[PDB]
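Counting begins at 1 with the first residue of the sequence. Looks like X-ray crystallography, 2.2 Å, at least that's what the header says. What's counted below: heavy atoms across the whole structure, side chains too, no hydrogens, waters or symmetry copies. All ligand and atom numbering here is 1-based and tracks the order in the structure.
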Amino acid sequence: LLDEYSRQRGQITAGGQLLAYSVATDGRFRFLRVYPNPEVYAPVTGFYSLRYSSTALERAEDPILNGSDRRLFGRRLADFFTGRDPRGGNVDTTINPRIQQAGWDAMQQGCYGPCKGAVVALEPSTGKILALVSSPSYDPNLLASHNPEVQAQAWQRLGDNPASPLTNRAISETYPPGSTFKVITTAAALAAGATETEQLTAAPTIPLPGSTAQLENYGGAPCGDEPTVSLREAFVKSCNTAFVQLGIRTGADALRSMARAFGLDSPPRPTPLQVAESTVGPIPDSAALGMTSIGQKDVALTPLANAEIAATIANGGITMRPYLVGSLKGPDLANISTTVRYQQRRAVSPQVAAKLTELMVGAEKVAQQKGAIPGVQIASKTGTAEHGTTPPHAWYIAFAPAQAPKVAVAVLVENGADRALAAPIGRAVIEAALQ
Ligand SMILES: *C(=O)[C@H]([C@@H](C)O)[C@H]1CC(SCCNC=N)=C(C(=O)O)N1
């Protein structure tokens, strides 16, 4: 450890701003790692610690940041030959500081006090991760201390915190998607040949086949005041029974297949950070299928996966591979690597994506309007999700402008559902993006 602290570790950057850098000190270990906006960027930087090693981008891009990367070998030779103090390379992220800060701020004020959860912003046409927010977060300056006791105390406080602030909730945790998963049930039906004008039950209640279990609308009220409702109408008003009926009519295999087409049960590519796998679940019976259709049973998504669903629809049906690192530099600022955007797969036809967009623009209009942006059209799906064996989660997925999208977001507020919170958070992130 002594020698690797005698060489100046390189910088983690966002928008030409520093997220992590190293300062020359009088310490036995010469360089101290500094995080100037610590809690906000901790999901992106991770920590770099004498006692506890590294996480996130400190760990992923460790060869570049410490200067040991093969691609940096010439610079290291030239410096030693010339007498120059050596320095590691730089990692330039895809994070937009304005959007990251707006996601964080909105999370710290959006639950009459701080929310627990995650915000992800994506650029639909490129796959760039524009923001990666987790709350509560922690201060990596605490683990950068050269004092063993300060590090050990911080490590212990963090690990005993029931809110688990070390966890990057945007990419490492999976949550039931609830109402947001109607986007997938809808996509599956549209692809199988159903249309927006198709008629579905408006009944307040629906039996689940092969069980005494029963599903209901919110909170026992009929979708319309008519016998049935159109698919568009049930989508925009987020009726449950209609979708239980739609999904079972569509069948398990079509639902599974659309779920995989949208990245579920599909091993995620590193960003370079590892992303937990999302799942539609086994769907072992028809009771399960009705429950899967409205985002429950065994469906579990990372906030990132849910932002990608929105980004895929925004991008005309094509999924761009999400990435966090735009380019790697050497100590001179010479380009070592530039990331090139990659089309992962087509999930749905331009037609189905267009249809889903219309429905989502309708769902946004029906929704609570706090934080709406004048002259900007937003396509969205709000929702709640039940979990465990408890207050439901609050979700918002969206993209904007709906006509030619520049940004897609997912907002998850753990336990945030009322009986509103997620959507204004989403819209502040969008607004910051479109500035
Ligand atoms: C979706 O999962 C839920 C639940 C019944 O399963 C329903 C209830 C709500 S919450 C209302 C939030 N309004 C908006 N901004 C919705 C919905 O998102 O409309 N779906």
Which pharmaceutical agent is found at ligand 1, per the PDB annotation?
imipenem (open form)
Give, per the PDB entry, the macromolecule that holds imipenem (open form) with the most contacts.
Penicillin-binding protein A
Hi! What's sitting within 4.0 Å of imipenem (open form) if we only look at heavy atoms?
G178, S179, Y218, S238, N240, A367, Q368, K381, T382, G383, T384, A420
May I ask whether atom 11 (C) of imipenem (open form) is less than 4.0 Å from at least one protein heavy atom?
no
What's the covalent partner of imipenem (open form) here, residue and atom?
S179 OG
If the cut-off is 4.0 Å to any non-hydrogen atom of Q368, which atoms of imipenem (open form) fall inside it?
15 (N)
Can an N or O of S238 be found at a distance shorter than 3.5 Å from an N or O of imipenem (open form)?
yes
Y218 versus imipenem (open form): do any nitrogen or oxygen atoms come within less than 3.5 Å of each other?
no
Mind telling me the UniProt active-site residue of chain A nearest imipenem (open form), with the non-hydrogen distance to 1 Å?
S179, 1 Å
For atom 17 (C) of imipenem (open form), find the nearest protein heavy atom and state the residue, atom name and distance (0.1 Å precision).
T382 OG1, 3.5 Å
Atom 1 (C) of imipenem (open form): nearest protein contact (heavy atom, Å):
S179 OG, 1.4 Å
Sub-3.5 Å N/O-N/O distance, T384 and imipenem (open form)
yes
Got the closest protein heavy atom to atom 5 (C) of imipenem (open form), with its distance?
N240 ND2, 3.2 Å
At a 4.0 Å threshold, what atoms of imipenem (open form) neighbour a non-hydrogen atom of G383?
18 (O)
